[PDB]
Every structure is written in structure tokens, then in C-alpha cells.
Undergrad: 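Below is a structure containing fosfomycin. Please help me interpret it.
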Amino acid sequence: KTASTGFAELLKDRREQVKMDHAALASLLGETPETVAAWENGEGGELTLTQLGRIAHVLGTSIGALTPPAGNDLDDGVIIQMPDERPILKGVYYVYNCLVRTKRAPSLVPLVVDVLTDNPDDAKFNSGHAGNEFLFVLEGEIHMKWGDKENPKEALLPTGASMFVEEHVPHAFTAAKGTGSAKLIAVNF
Amino acid sequence: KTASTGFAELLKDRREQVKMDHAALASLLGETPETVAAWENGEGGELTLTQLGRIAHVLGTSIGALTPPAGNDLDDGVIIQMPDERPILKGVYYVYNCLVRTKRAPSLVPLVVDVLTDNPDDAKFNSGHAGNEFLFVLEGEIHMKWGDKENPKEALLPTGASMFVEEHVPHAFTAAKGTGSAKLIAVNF
Amino acid sequence: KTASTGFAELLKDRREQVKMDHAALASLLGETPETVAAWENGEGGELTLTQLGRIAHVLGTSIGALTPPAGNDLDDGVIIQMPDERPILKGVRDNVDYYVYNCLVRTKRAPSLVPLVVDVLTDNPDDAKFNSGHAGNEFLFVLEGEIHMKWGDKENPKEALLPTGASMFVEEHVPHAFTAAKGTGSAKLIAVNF
Amino acid sequence: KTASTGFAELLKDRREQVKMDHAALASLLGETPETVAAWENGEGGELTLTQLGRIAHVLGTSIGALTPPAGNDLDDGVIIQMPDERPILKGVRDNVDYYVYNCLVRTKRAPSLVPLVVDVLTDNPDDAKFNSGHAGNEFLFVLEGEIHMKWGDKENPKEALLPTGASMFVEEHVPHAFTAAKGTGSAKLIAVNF
Ligand SMILES: C[C@@H]1O[C@@H]1P(=O)(O)O
Ligand SMILES: C[C@@H]1O[C@@H]1P(=O)(O)O
Ligand SMILES: C[C@@H]1O[C@@H]1P(=O)(O)O
Ligand SMILES: C[C@@H]1O[C@@H]1P(=O)(O)O
Ligand SMILES: [Zn+2]
Ligand SMILES: [Zn+2]
Ligand SMILES: [Zn+2]
Ligand SMILES: [Zn+2]
């Protein structure tokens, strides 16, 4: 779980996986065998990002492969979030109502979004993001734009329309012209 | 895209990958080299599931590896579903309002669910399913049960609570006792 | 038979996921619910590739997702191969007998593993014949003789003379050719595609 | 330096995904937004493993997700190794010099690839010494001599006598031991962990 206990275990596995003893690995890093042994005893807590990049280099792998997963925040498979546990965040316009996330699925980023603008001309595109995205119009009408922001594709979405946006596809939302505001629920995954 | 064009191409790749010529592969299947060549020309459309299992066996792989992906139903990254394109389905109680799906992410199964019962004693558990699951209480109160149906864990979820259910975790929903009915939006992914 | 069983189980799983009962799927397919029940009861054996594609399509997924993995052909996690039992296959590129593939152990538990002793017959690097790269990553070892390897752009390749004991890695889709070193007659590779 | 750059880029990506600005993250971490901007400007080099874990935790993900892949050490998709350049390492299990590992080519583009010529020094199958299985799948080839292989439950193992040219596959975590065939002195394996 802790960075240094995950790292200690993974480091020993990797080192062994490539047949190095403490001495060999130590030679490659400007440390003693006793120091490398210490990292493997959970004493790597102070290693810098740069040093970690070097350890990962000499063992022909990534920092990823030497550090633990995000962890387990689940009560027997479940995490719950109560309505007023959420934070409210800005545009830069949208207002974000962040719903339940979990380290057992870091991709899951579900939001309730209030869409403050109803002037499709003001649509602020994002350059497309890392996961796929399910969306559902909660209240009102959404004017959606996607693809190339130069020559976009557009759609008018009444209340209760659902839509999917593939990863890295640039997109933008606004309420339908002169309808004031709409509400989206978004599930990035 | 079509089953037989995907299969034709994948079959040729696999056969070549394991160094077999048409003759060699044919010997293993009770066909002529000319017949195997035909499959590789898109003429495998009539092959049975059982025959496909055999082809996959002799090439030391799965039917999966020899057939195309689900396909692409996206208009430049996006698919949209209008409110009244959805089907309404039964319990066996819940009423399902199936939202937008896509072959580019077959796991995505988003639903609006009406929960018809408000007697937690009547909760019908499912044995847990294949994907992860995000849920959001749309209207009313949900009495949720999960884990072992013998000795379950339970939670009361007010309107606008969000929850995550890990894959294969058995779970059941009902409205809070004597509250009539509630609405969930579920996103299986 | 295990194919029909795995399909039966994965058909039921997928149908339940999209919230369709026997009737809904059966209608979307122009079948009776009994037939679909039958399929889900191990009776899908005779369905065609084309019918399977239809089923996968209606279910918004792939035939692959509805079919079981390649099975387990291991004996407590191990499969062995004795030198006598190797499939031997020819490698002809023009009309020229270029390689002889001696096929090493393979297993349905790691389908992409394709190891080989490759007899490298030609020894004139000038007539080296490129593949167009292939799907797997590849580990290679000079087993006997000396090898003249070419890779990358066939017009202007990178090159290496590799003696007995040399080892190389070729990343997927990277095009490559081998002959024995000019005038040495023949050489041998262990190639491990994974 | 490429570590700090990749972190900088992946930190910004992740922060934007969870909809936090510089201020929100900075506060959740007891830092100023300027420091977080600095991190996102390639200045994260000196952050500790522990600080990284905190950052990953607040961002509900893993350090791995915030750090770049192992780089590319290939020359147009190929890396070669000449027999002279092999790392040589000893394999001692009790006080006994059991194996000699000659390390073959490896690459950051397929970190799990670990090929070896293994010199098998012992030739008394009775004193065969098991590992506890390991992470990768493994392909093996009898390079020289004859091998006595044991696998599975060390109390009651499965076994194989394998002559020169035999090939085997060992699935991950399956425990296994090798010696040379009783009384033949020594043998050689090519082992390819992948
Ligand atoms: C993530 C929710 O769709 C909005 P964004 O992608 O515009 O932030
Ligand atoms: C999928 C939606 O959660 C409900 P179920 O899992 O009870 O069908
Ligand atoms: C496997 C040996 O490299 C050759 P090929 O990949 O062209 O067959
Ligand atoms: C790699 C050779 O099999 C032995 P080891 O895995 O025990 O080192
Ligand atoms: Zn988005
Ligand atoms: Zn569910
Ligand atoms: Zn090759
Ligand atoms: Zn091993």
C-alpha cells in the first residue's frame, strides 16, 4: 500500500527477475549493496523522482512497474458517496459536481455538470481526454460540438438523450441557444 | 467488418504466424488446400461454431483471435441516442431504460432503472456481473444490499448519492421502506 | 463441443447484461425464444460464422466476446517437445528455398508464443529477402554459424553481422531479413515470436 | 529528466481529468499553486517516492499512471547483443553454485523479456533446487547436453529428461528446477522469460 513498501517488494522482484544481486544493481546506481538492500527493506521513501527514473532505467523498465497500484478504498467491493460529500469546481463556463471515484478504477470520473452558457458560439472545446465518456442530458437542452474545432460536427440534445464520446475526441457543450442552462451527467471511464 | 472478411484475414495471419501453408492447415481439418484458400478468400461464411472451434484448436488459439472486433458505429468518435429510441424491458421488479451503447466499447451498458419495490425484504440479488458499475440515485431513496446474500451489507442512499460496484460483486436494489419507488441511473463499464 | 458450451455460457452472460430476455433477443434475430434457450443450453454447435456475427451485432459485441479462450494443453503448467516431434515447414520467397522452419513447442495458454529453429540456407546477403514485419515481438539467437541481418527500410536497411551466440530483438511490424554471412553457406537461428 | 518531463505532463493530464485547478490540488497537498505549476513545468525532479504517493493518492490513481513508460532503446526497432557483452551472474541456492546466468539482449520496449543462456552445473537430480515459480511465462530450449527437469509440487514433482534440441514452456508462477541428466556433468539452457 505505502509507496515505500510497494516499491521495496517490486524492486526485489524486478532485480531478481533480471538476475542481479544487490552488488550488481548497486554498481549501476552510485550506491552500496547495503543501501539497495535497505530500499528493499522499505527504506526507499526519500528517493527522488529523478533517482527513481534511474533505478527504472538500469532495470530496463518503468517507474510504474516498480510502484504499487492506486490501492483499495472499497468496502467489500463498494464505495458510496453521499450527496453533500462532493466538491464544487469552476470552468474555466461549467460547474462541476464530482461524484464517487475509486482507486480500484482510477479512470472512473463521474460528474454532474451545470452548463452555464446558452450561446453555442461561446463553446470552449477541450483537446479530447484520456478515457471514453458516457453522457446523459439531465435537464434542458444541450448543443453539442465535437471533432475538429475549425469545422465541427454538432448535435441538439433534448432532455434524456444519451451520448458516447470516444477517447481523445475533442468536444464542447453549451445549452441550446437562448435556453439559459442545462444539466449533464458525465461518466468518464 | 463482416464475419467472413474478418475471419478470412485473421485466418491467413494466424496460419502464416505458425508457418503453415494451405496444405498443412488443410491436413488438420478434413479439407483440401483449395478449401482453406477459399476461407481466406471470404468463403468461410457457412463454417459452424464447432468447425470454428476446431480451426482455432489446430492453430493453437481461440475463435476470438480469428474473428473481427465488434465494429465501428461511431460518427467521428460519437454515437448519440435520442430519448425515445430506447427499449423498455422487464424485471424479472425493475424496469429498464436502455441508454446509448457502442461497439467501440461493448462493456458500456448504461441504463435508467425504475425500482418498483419498496420492501427491502423482496430485494432480488444478482450473482454479480462482468463489468464495473457506476450508479447515481436520480429520484427518491434507494435501499441497497451487496456482497453475500446470506449476510449482506446494506446502505440507505438519498437522492443524488453516487456509488461504485466492483465486478462480480453480488448486489440488489429496492426503494427505501414504504417510499414507493426510486430511480437509478446505472453505468456498467 | 467445449466451443458450444462456452458460447452457451457467454451468450447468456451477455444477453443478461444488455437486459434482454429470451423473447427480445429471439425477435431481434428472427428466431423463437426456444431456439435461443437451446443455444444457451449447449445447442449452438451448428450456427454459422455469419449467424454468429449477427448474434454478436445484435448484442453489440464481438464473436470473440461470446466464445471461450483457447483451452489448457499443459501438464501442471508445462508442455514439452522432443526434437523428433517438430513440425518442419519450408520457407520459399521467390522460387528460392530460403528458410527451413523447425517448429518448437507451442501452447493454447500463450497463443502468440511461436518459437523456431530456423535453418538459414542462403549465404548471399545481396539476395536477402525481407518480410513485411509481423504481429509479434521477436527474440532471436544465433545458434550456429554467422548471420547477416537486415532490418527497417529494404531500400536503405540497417544491418548486422552476428556470430554464434549473438542475440537480437525485433519489435513488432519491423521488417527484417536474414542470410548466412557472405560465403559461409548456412547458419541457424532460434527465433521466439511472442 | 525525461522522468520529470513525463510526470509534468501526466500530472497536468490527471489533474485536469478530476477537474481540479492548481489551487485545489495544491491545497489538498499543503502546497502553493505555484509549486504545483512548477511540477507541471518539469520541476518535479526532486520530489520523493513518499511525496509521489501522496500526490497519486489525492489524485485517486497510481504513481505509475503519473510516470512515463520505459523509453525506447531500439535502433529502428532492433537491439542486438554480441556474445562478448553478456552480463554474467552466479546462481547460488544453498551454498551450492547451481546455475551460471549469461544475460542475453533486453529492451525497455518489452521489459518482461528476459532471455538467458543458463549453464547448468549440477548433475544430480536428487539435489535439484526449486524456485517458487516466477512472474513471467517461460520458453526453454536444451542448447547443450541433456537436462533433467522437475516441476509442480516439489514433494511430488512431474519430471522430464530432455536431450539437446528439446523445447519446453513453463507457465507463470509454476515452480521448476533443472539439473543436467544424472552423471552427465553439465548442460545448457536457453531460457526466455516473457
Ligand atoms: C468531463 C465532462 O465532459 C465534460 P469536459 O470533458 O468538457 O470536462
Ligand atoms: C445493471 C443495473 O444495476 C442493475 P442490475 O445489476 O441489478 O441489473
Ligand atoms: C522468424 C525468423 O525471422 C524470420 P521470419 O520472421 O521472417 O520468419
Ligand atoms: C531461467 C531458468 O529457469 C531457471 P530459473 O527461472 O529458476 O532461473
Ligand atoms: Zn469530456
Ligand atoms: Zn449491477
Ligand atoms: Zn521475424
Ligand atoms: Zn524459470
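Residue numbers start from 1 in every chain, and the chains themselves are labelled A, B, ... in the order their sequence lines are given, proteins ahead of strands. We count ligands from 1, going down the list as the structure has it; atoms in each ligand are counted the same way.
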Undergrad: Please list the parts of the model that make up fosfomycin.
TA: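 Every copy of it sits at ligands 1, 2, 3 and 4.
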Undergrad: Which chain makes more heavy-atom contacts with fosfomycin (ligand 3) than any other chain, name per the PDB entry?
TA: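 The largest contact count goes to epoxidase.
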Undergrad: Could you check which other chains have heavy atoms less than 4.0 Å from fosfomycin (ligand 3)?
TA: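 Based on heavy atoms, that gives B, C.
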Undergrad: Which other-chain residues have at least one non-hydrogen atom less than 4.0 Å from fosfomycin (ligand 3)?
TA: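 Heavy-atom neighbours of fosfomycin (ligand 3): B:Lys19, C:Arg93, C:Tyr101, C:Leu116, C:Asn131, C:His134, C:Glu138, C:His176, C:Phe178, C:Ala191.
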Undergrad: Quick one: nearest non-hydrogen protein atom to atom 4 (C) of fosfomycin (ligand 3), plus distance?
TA: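 Result for atom 4 (C) of fosfomycin (ligand 3): C:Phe178 CE1, 3.8 Å.
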Undergrad: Among all protein heavy atoms, pick out the one at the shortest distance from atom 1 (C) of fosfomycin (ligand 3); state its residue, atom name and that distance to 0.1 Å.
TA: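 For this ligand atom, the closest protein heavy atom is C:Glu138 OE2, 3.3 Å.
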Undergrad: List every atom of fosfomycin (ligand 3) that sits less than 4.0 Å from any heavy atom of C:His176, numbering the atoms from 1 in the order shown and giving each element.
TA: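 Listed by number with element, the hits are 3 (O), 6 (O).
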Undergrad: For fosfomycin (ligand 3), which atoms have a heavy atom of C:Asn131 less than 4.0 angstrom away?
TA: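 Those qualifying, in numeric order: 5 (P), 6 (O), 7 (O).
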Undergrad: Which fosfomycin (ligand 3) atoms are under 4.0 Å away from a heavy-atom of C:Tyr101?
TA: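 Counting from 1, the qualifying ligand atoms are 8 (O).
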Undergrad: Return the UniProt-listed substrate-binding residues of chain C that have heavy atoms within 4.0 Å of fosfomycin (ligand 3).
TA: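 Counting heavy atoms against the UniProt list, it comes to C:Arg93, C:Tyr101, C:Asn131, C:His134, C:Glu138.
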Undergrad: Check the entry and give the organism for chain C.
TA: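 Per the PDB, the source organism is Streptomyces wedmorensis.
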Undergrad: Could you tell me if other ligands or ions lie under 4.0 Å from fosfomycin (ligand 3)?
TA: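 By number and name, ligand 7 (zinc ion).
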Undergrad: Which UniProt Fe cation-site residues in chain C are within 4.0 Å of fosfomycin (ligand 3) on a heavy-atom basis?
TA: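 Going by UniProt and heavy atoms, it's C:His134, C:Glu138, C:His176.
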Undergrad: Which atoms of fosfomycin (ligand 3) have any heavy atom of C:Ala191 under 4.0 Å away?
TA: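 The atoms of fosfomycin (ligand 3) under 4.0 Å from a heavy atom of C:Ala191 are 1 (C).
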Undergrad: Only heavy atoms of B:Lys19, strictly under 4.0 Å: list the atoms of fosfomycin (ligand 3) that pass.
TA: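 Numbered from 1, fosfomycin (ligand 3) contributes 5 (P), 8 (O).
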Undergrad: With a cut-off of 4.0 Å, which atoms of fosfomycin (ligand 3) are near a heavy atom of C:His134?
TA: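 Selected atoms, number and element: 6 (O).
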